[PDB]
Amino acid sequence: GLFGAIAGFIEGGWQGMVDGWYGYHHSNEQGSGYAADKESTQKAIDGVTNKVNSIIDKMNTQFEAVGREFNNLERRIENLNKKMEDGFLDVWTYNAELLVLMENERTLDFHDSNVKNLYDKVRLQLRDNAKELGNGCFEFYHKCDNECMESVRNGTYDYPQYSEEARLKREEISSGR
Amino acid sequence: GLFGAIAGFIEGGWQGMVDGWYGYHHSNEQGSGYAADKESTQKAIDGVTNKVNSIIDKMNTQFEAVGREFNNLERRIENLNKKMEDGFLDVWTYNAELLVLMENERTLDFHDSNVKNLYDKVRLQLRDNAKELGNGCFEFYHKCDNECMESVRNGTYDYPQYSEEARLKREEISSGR
Amino acid sequence: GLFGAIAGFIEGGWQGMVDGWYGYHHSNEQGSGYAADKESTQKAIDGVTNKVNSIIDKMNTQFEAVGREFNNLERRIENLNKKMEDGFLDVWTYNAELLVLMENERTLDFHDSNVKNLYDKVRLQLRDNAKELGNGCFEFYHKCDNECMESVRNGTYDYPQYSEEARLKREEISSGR
Amino acid sequence: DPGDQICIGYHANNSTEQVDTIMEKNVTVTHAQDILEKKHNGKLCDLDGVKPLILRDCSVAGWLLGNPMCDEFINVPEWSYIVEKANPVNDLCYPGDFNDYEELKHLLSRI
Amino acid sequence: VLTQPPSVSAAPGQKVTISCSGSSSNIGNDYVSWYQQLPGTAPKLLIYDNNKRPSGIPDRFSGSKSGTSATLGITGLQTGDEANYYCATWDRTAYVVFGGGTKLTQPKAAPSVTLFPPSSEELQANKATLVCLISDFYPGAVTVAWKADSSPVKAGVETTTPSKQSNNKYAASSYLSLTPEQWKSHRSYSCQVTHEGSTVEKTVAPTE
Amino acid sequence: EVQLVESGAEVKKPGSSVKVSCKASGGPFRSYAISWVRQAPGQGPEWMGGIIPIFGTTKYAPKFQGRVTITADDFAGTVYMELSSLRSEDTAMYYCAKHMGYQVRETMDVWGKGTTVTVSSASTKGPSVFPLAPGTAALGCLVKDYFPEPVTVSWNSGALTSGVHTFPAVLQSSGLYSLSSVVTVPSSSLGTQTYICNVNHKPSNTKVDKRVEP
Amino acid sequence: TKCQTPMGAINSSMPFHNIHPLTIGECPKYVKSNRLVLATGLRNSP
Ligand SMILES: *[C@@H]1O[C@H](CO)[C@@H](O)[C@H](O)[C@H]1NC(C)=O
Ligand SMILES: *[C@@H]1O[C@H](CO)[C@@H](O)[C@H](O)[C@H]1NC(C)=O
Ligand SMILES: *[C@@H]1O[C@H](CO)[C@@H](O)[C@H](O)[C@H]1NC(C)=O
Ligand SMILES: *[C@@H]1O[C@H](CO)[C@@H](O)[C@H](O)[C@H]1NC(C)=O
């Protein structure tokens with residue numbers, strides 16, 4: 001994908017996160033578990049919902065054939081009528097098909113972007129209090145219990161509060177144990 | 001936004017940077033201040049300017065109704081004329097509206113990209129001579145006066161020249177003071 | 001570019017990598033050299049190939065003028081015929097031109113994305129076993145011979161296997177020698 | 001001690017100009033450009049130099065045939081467009097019919 | 001308020017230098033550009049950003065900022081380079097300021113004076129103009145005095161500045177305005193024209 | 001490649017307003033700012049102000065801040081400059097000039113040809129043309145009290161060139177102009193040949209010829 | 001004017017108008033839209 005997240009550096013998705021499109025999996029002393037990100041999933045639903053509505057709305061006026069009859073010596077205008085009417089069915093079919101194809105790509109790329117951005121949200125909260133492992137996961141340099149996890153999930157992680165514990169752990173790791 | 005920069009990891013913009021669309025805020029011993037990035041702002045103006053010109057130009061040829069009259073026993077061709085002419089006003093209105101909507105998204109996403117790329121320009125100049133703070137800012141590990149700041153703003157930052165001072169500061173920070 | 005890679009943080013491309021669109025340049029004790037990334041180049045060819053086919057296919061039905069003659073007192077329908085037929089040549093010319101312009105941007109941005117993603121593929125394999133230099137290159141903290149290089153190029157780099165050598169080198173560098 | 005800082009950022013202003021997007025309507029933007037003209041002046045004018053032929057209550061038939069009530073148009077100057085009401089009161093004073101009337105009106109669109 | 005020397009001179013082939021100078025709030029921080037102006041033509045960009053040079057401009061032109069002041073240099077200079085030259089810069093409230101400019105760079109001819117009197121038709125229209133036409137002099141400097149009879153008149157005179165002719169000598173015109181009664185009532189009116197200490201004097205009188 | 005073309009000469013009375021335009025080729029939307037710079041007879045150029053593309057913001061010089069308005073019609077590729085409360089020291093050549101980029105700056109790389117505005121209290125007046133009557137001998141024409149410049153004097157419908165000398169006009173204290181045209185001619189030809197001087201003042205629509213006799 | 005409509009003259013550089021489709025002269029292009037505005041700047045803060 002254009003944003004390299006879905007079926008990219010995050011290889012494959014989670015059958016087990018059922019309550020949203022994007023979210024988190026965590027793992028600590030008290031266990032592990034999945035949790036949807038409500039806010040991103042909601043922005044996405046808003047986007048896609050609006051998109052589907054805009055498509056319906058723009059296709060609202062659009063050519064509507066009407067039947068006209070012509071006698072056997074009005075063949076030139078019967079042909080001009082057929083071609084005019086076929087001409088519009090063709091313009092409109094192209095418009096619908098191409099809009100659908102073009103917007104499908106954008107939609108699929110929109111979600112990809114949404115996962116990248118969420119990953120980056122967590123990345124820039126944690127900074128060097130966690131280590132980027134490369135598969136979509138962060139490994140903390142400090143103990144992070146369920147309360148601390150939620151703080152990551154909801155925008156509230158206090159970096160200063162853990163950084164001391166973080167610097168001690170990074171220290172132990174560089175030194176070799 | 002698709003690129004996660006505008007109203008993303010940079011939350012909100014600067015009322016106080018008036019001379020461009022993207023730029024810098026700096027803060028050091030001699031004070032603080034805003035400065036536009038001329039080159040990015042210019043590429044953007046070039047892009048958007050060309051876009052507006054291309055839209056005007058492509059909409060240059062486009063259907064132009066003409067009045068034709070028909071008598072009371074030419075009702076079938078009067079109807080075929082009305083519908084033909086309405087048919088084109090509809091094709092063209094859809095084309096203009098959809099082009100406008102589609103290009104607005106791209107424009108808004110273009111700027112977003114432009115801020116991400118500028119951020120990344122600074123990021124990859126400084127490297128580990130600065131610490132990414134997560135809100136759009138870098139905190140230097142060395143003293144960076146107005147001359148040094150300009151070197152960041154104009155593509156000229158010499159990493160080797162500060163790296164020694166940088167490694168000493170990172171050293172002090174890991175050690176704890 | 002929207003993705004900041006081509007003519008961005010990678011400034012200019014390689015005349016000397018001839019067997020693909022994206023790839024690697026390496027440099028170690030046994031020498032240096034270029035190598036195409038087969039998989040990315042292939043996804044790209046698939047994309048662009050499909051795109052060119054979809055354009056041909058969607059432009060398959062499209063208005064086809066036919067000649068009709070009219071006498072000197074059928075001027076109103078001769079004019080209605082001319083305008084109808086010109087009307088479609090105009091709709092279709094706009095459609096082809098605009099599709100071409102819109103898809104060219106996407107194509108150029110697609111490649112840009114592809115180079116960013118490949119760079120990020122290598123970035124998240126190596127992690128802190130290498131140092132991001134900022135110009136598109138990584139400098140290893142450990143010795144990486146041709147076998148090790150290929151492991152980077154083909155998705156197989158074992159981080160754990162070098163990390164000890166990596167931590168010793170990072171250690172030497174922070175300490176100052 | 002904290003260190004010096006440089007931040008990357010973007011322009012904001014007090015614009016309430018608003019644009020639509022396929023995914024989001026009424027997005028407030030820093031700068032915008034209206035490209036639809038919605039105003040006219042409610043008058044019929046000379047087109048460049050040339051005043052139009054405003055038939056008043058006459059029809060084209062009335063004018064060419066010279067309905068007595070259409071005397072204003074006995075000898076008309078060169079014109080830029082013709083303006084004709086929807087239902088001219090002064091048309092064929094003596095009732096009747098005008099052969100190929102529309103084909104002739106069509107010819108006038110070029111004269 | 002940007003300082004520049006009024007003129008500079010030299011012979012076809014040497015290298016001239018035009019300096020330009022101002023405080024820290026213009027040249028010290030901000031950049032300088034230089035412009036060339038030939039009579040009848042808009043200024044023309046010669047160099048920018050202190051020392052860059054736009055396409056079309058030959059590399060005999062250049063410049064620099066040797067402190068809080070900047071200079072332009074021409075070399076191998078041609079007749080074409082005979083013109084005015086201005087430095088420009090940006091001054092912080094904020095504006096583009098120009099320098100004052102710098103102009104960069106035939107025997108003694110007696111004038112021919114020609115005094116006309118009022119024409120009867122002007123007289124018919126209750127006005128009277130004496131017209132004194134001075135031409136072909138060099139150098140182009142003449143004083144002009146008027147006399148009523150034998151005595152001077154300063155009232156009602158309008159003399160033009162001197163003016164290069166097609167043949168590279170100079171010209172001028174003086175006009176004394178009078179009422180008919182004034183013109184009719186006097187013996188004579190005389191235009192005196194002095195040039196390099198040689199006075200010529202023409203006189204005219206009311207249809208004698 | 002970009003051409004800047006400005007609107008025609010203007011003549012104004014003091015205390016009124018002028019509005020010059022400038023049309024830039026290409027575009028019609030532009031990615032560079034445009035400025036207005038003026039130059040008074042015998043003086044260096046003065047920058048007046050300029051306008052930035054897309055942003056639309058304007059920047060004026062201290063000297064004019066308060067009576068200049070720069071505006072744009074980007075669809076027409078046109079910027080405008082309006083200077084009000086005119087005085088005679090605003091008599092000058094007015095240039096539009098484009099910058100290299102979006103910022104107004106000391107560097108303006110392409111200029112328009114210029115357009116003059118003259119600020120005088122004179123209304124426009126056609127000349128009175130009087131004859132100046134007769135070794136050689138001189139004849140001429142007094143072209144009296146006209147405003148503004150220029151005026152064309154030709155002799156015998158443009159036939160006589162030899163020996164002719166039209167003089168630069170004088171600027172009277174009244175604000176009106178006057179000039180005179182003289183021809184040196186052989187005395188032998190005086191009362192047999194014929195001399196008409198052809199005065200044309202476009203601004204006033206006055207065409208005159210005046211036969212010069214002795 | 002340079003552009004005339006059965007309802008009145010148009011005096012505009014704009015590429016589009018929505019007045020009336022039957023015009024004569026040098027006109028913009030008619031659309032049924034009530035509103036058409038392009039973004040040029042960027043998304044404006046909260
Ligand atoms: C976010 O997370 C913490 C849990 O650590 C919780 O106490 C806090 O109230 C949450 N904030 C919001 C706005 O939900
Ligand atoms: C960039 O910045 C430095 C200031 O530290 C300056 O000296 C240098 O000349 C600048 N380069 C350019 C091309 O403007
Ligand atoms: C990838 O690289 C290594 C070379 O170090 C090689 O031995 C391995 O077989 C390669 N794997 C594939 C699937 O080509
Ligand atoms: C958008 O704004 C317009 C004008 O204020 C308003 O009429 C409309 O209801 C708004 N639409 C949405 C989806 O918010």
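The sequence lines fix the lettering, A, B, ..., with proteins before strands; numbering per chain opens at 1. Part of the entry, not all of it, is on display, and contacts are counted within that displayed part. Below, each value reflects all heavy atoms present in this structure, side chains not excepted, and no hydrogens, waters or symmetry copies.
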* **Largest contact partner of chains E and F in terms of the PDB entry** => Hemagglutinin
* What is the identity of the drug or drug candidate at chains E and F? -> CR6261
* Asked: Which other chains have a heavy atom within 4.5 Å (strictly less) of CR6261?
  -> B, D, G
* To do: Map the epitope of CR6261 onto chain B, listing residues with a heavy atom under 4.5 Å from it.
  => B:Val18, B:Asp19, B:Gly20, B:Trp21, B:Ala36, B:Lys38, B:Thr41, B:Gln42, B:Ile45, B:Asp46, B:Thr49, B:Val52, B:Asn53, B:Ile56
* **Antibody CR6261 residues near chain B, heavy atoms under 4.5 Å** => F:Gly27, F:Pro28, F:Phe29, F:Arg30, F:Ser31, F:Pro53, F:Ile54, F:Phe55, F:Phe75, F:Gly101, F:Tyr102, F:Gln103
* In the entry's source annotation, what organism is given for chain B? -> Influenza A virus (A/Viet Nam/1203/2004(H5N1))
* Asked: What name does the deposit give to chain D?
  -> Hemagglutinin
